[PDB]
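The structure appears right after this line, and notes come after that.
Sequential numbering from 1 along the given sequence is applied to the chain's residues. Any value given below was found using the heavy atoms of this structure, including those in side chains, with hydrogens, waters and symmetry copies removed. If you're wondering, the header gives X-ray crystallography, 1.6 Å. For ligands, and for the atoms within them, numbers begin at 1 and follow the listed sequence.
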Amino acid sequence: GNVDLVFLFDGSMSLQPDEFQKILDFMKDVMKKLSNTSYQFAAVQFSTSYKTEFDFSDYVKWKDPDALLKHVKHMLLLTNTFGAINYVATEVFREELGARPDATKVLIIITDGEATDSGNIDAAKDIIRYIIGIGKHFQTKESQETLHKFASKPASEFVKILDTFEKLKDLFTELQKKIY
Ligand SMILES: FC(F)O[C@@H](Cl)C(F)(F)F
């Protein structure tokens, strides 16, 4: 079956340059490992504001992850996660931007800290949502649990807590094996 997958990636000032680069490299690696499959991809950077770095139609045009993310600049502002998820739901999953009506909608949210905004993500309820929380801001159970509201249920499936950015590589086998 077809899968339309969006990477929603944190560009806040909490991320160090090498950490941000590791997020980019992970997205590229995931795409390369799923090239010429039923997958199509889009990517959105979020910080204070939201930017579609490439749409599904861009992916279909280029099919080159290096090219698609070549123009990304680290935003270096806040962490407005609620609005970011709603932005994906309303502004990226659109047929006119290459989204396929028959596809399963999937979000991979990648962040290094707690949201600086609030509200709800009701608009994104029909999207299958994974969240990857990385690094020392998620050392405590309480901090980890703040991510549950953004992800699908059960949290034990959809919330991934990684202690280091180097651990992103450990997700590839699992991601490749998913059958939606
Ligand atoms: F299932 C895919 F969406 O990848 C999952 Cl395991 C994710 F956690 F890496 F995002």
What would the PDB call the drug seen at ligand 1?
-> isoflurane
Write down the macromolecule with more contacts to isoflurane (ligand 1) than any other chain, named per UniProt.
-> Integrin alpha-L
Can you sort out which atoms of isoflurane (ligand 1) are near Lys178, meaning under 4.0 Å from one of its heavy atoms?
-> 1 (F), 6 (Cl)
For atom 8 (F) of isoflurane (ligand 1), the protein heavy atom that lies nearest, with its residue and separation | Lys160 CG, 3.3 Å
Of all UniProt domains in chain A, which one holds the largest number of residues in contact with isoflurane (ligand 1)?
-> vwfa
Short list, please: which atoms of isoflurane (ligand 1) are under 4.0 Å from a heavy atom of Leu171?
-> 9 (F)
Location of contacts on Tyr180 toward isoflurane (ligand 1), heavy atoms closer than 4.0 Å = side chain
Isoflurane (ligand 1) atoms in contact with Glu174 (distance to a heavy atom under 4.0 Å) = 6 (Cl)
Which residues are in the binding site of isoflurane (ligand 1), using 4.0 Å as the heavy-atom cut-off?
-> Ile108, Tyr130, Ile132, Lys160, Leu171, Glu174, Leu175, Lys178, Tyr180
